[PDB]
> 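Below: one structure in structure tokens.
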Amino acid sequence: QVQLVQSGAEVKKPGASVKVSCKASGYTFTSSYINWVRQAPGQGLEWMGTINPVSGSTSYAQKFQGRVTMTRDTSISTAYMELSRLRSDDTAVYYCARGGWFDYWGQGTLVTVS
Amino acid sequence: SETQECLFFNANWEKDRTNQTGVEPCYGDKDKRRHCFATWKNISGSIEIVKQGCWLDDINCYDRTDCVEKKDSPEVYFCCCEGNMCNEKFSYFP
Amino acid sequence: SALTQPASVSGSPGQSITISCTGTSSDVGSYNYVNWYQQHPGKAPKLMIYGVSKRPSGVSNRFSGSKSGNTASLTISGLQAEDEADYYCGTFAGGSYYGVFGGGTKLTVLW
Ligand SMILES: *[C@@H]1O[C@H](CO)[C@@H](O)[C@H](O)[C@H]1NC(C)=O
Ligand SMILES: *[C@@H]1O[C@H](CO)[C@@H](O)[C@H](O)[C@H]1NC(C)=O
């Protein structure tokens, strides 16, 4: 079936960067967008941005502009989301999701900023 | 217009471990809306195709029979459409 | 622009209940692109309804979606214990469309 398999949990210090990976399988990676969403402990879902894997084009939420970088490697069906200049309130579970409808979600990656 | 097939092209077929050119079946149904897409570079008039294929249910492609890039001066051009092989012909109208 | 949801709703087993998602005339009032996600504690969200009222394969038909003006609504019928989760509304994100999620609604099933 369709699967979005994410990289493991990360612990970072304020000021550092984190790069989260999302591997797609069970469908053609280049047939749709990849969306990134985050959720702080006990809080709501928050959209981060989208990547078009065939053009490599991106759109970021105003909140993350200048701090987030979304890339992909089509040869290994993987999308990456890098978040820079980390602060403690960046502690959240980071999800990748397939397409404009977010019809399939990755399991999430916990990034803790101590 | 129903999309059952698209032109397939992959300039990066060697690295991506795909075929270069062909026909790509979009496995749609009554509840699975499909589109075609084309992506390219435009070096002062000279078109270099990056990829062509099937594209999943996207509101940006709905009821578009022509494949048109409407974004002003992109680095990589993209368009999507509905209908068989609609991605063979593509244009730029910013 | 923000999507407003009630923080919480409670229902009895077997009843029907609605969860609303309010935007503005230029987003919810203009497009059929409002989606509903169910999230159990400690789990990833799951798509329940997309494009206001379309239901993916494998989603119970006890889940239905509608819109009227600037408000999209998720209706859950035959309310079951397993329905107790957080529900978020969201909009299509890709190309010309920028994503936004509602604040979420905690659904409680009263025993
Ligand atoms: C090339 O296409 C054929 C049929 O469309 C398929 O069976 C084959 O696996 C493809 N080759 C590669 C390398 O993907
Ligand atoms: C390519 O660029 C030229 C201008 O340099 C423009 O007139 C033309 O429409 C473009 N074609 C495509 C298909 O992008």
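The chains carry the letters A, B, and so on, in the order of their sequence lines. By the PDB entry numbering, chain A shows 1-114, in order. In order, the residues displayed for chain B correspond to 25-118 in the PDB entry numbering, which applies throughout. The PDB entry numbering applies to chain C: residues 2-112, in that order. The basis for the numbers below is simple: all heavy atoms, side chains too, and nothing from hydrogens, waters or symmetry mates.
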> Identify the compound at chains A and C, choosing among gosuranemab, tusamitamab, rituximab, bimagrumab, daratumumab.
bimagrumab
> If you rank chains by contacts with bimagrumab, which one has the most, by name in UniProt?
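The chain with most contacts is Activin receptor type-2A.
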> Between A:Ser32, A:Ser55, A:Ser31, who has the most heavy-atom pairs with chain B when the cutoff is under 4.5 Å?
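Between A:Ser32, A:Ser55, A:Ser31, the count favours A:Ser31.
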> Chain B heavy atoms under 4.5 Å from A:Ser77: which part of the residue, side chain, backbone, both or neither?
neither
> Look up the source organism of chain B in the entry.
Homo sapiens
> Which atoms of A:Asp103 come close to chain B, meaning under 4.5 Å heavy atom to heavy atom: side chain ones, backbone ones, both, or neither?
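Contact with chain B involves no heavy atom of A:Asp103 at all.
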> Which chain of bimagrumab outnumbers the rest in heavy-atom pairs under 4.5 Å with chain B?
chain A
> Does any heavy atom of chain B fall under 4.5 Å from the side chain of A:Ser57, the backbone, both, or neither of them?
neither
> Give the residues of chain B with a heavy atom within 4.5 Å of a heavy atom of bimagrumab.
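The heavy-atom epitope comes to B:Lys39, B:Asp40, B:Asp55, B:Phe61, B:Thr63, B:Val74, B:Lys75, B:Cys78, B:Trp79, B:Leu80, B:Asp81, B:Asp82, B:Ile83, B:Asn84, B:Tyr86, B:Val100, B:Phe102.
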> Find the residues of bimagrumab in contact with chain B at 4.5 Å, heavy atoms considered.
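By heavy-atom distance, the contacting residues are A:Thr30, A:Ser31, A:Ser32, A:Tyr33, A:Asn52, A:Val54, A:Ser55, A:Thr74, A:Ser75, A:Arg98, A:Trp101, C:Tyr34, C:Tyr51, C:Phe93, C:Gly95, C:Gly96, C:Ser97, C:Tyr98.
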> Please state the name of chain C according to the entry.
anti-human ActRIIB mAb BYM338 Fv light-chain
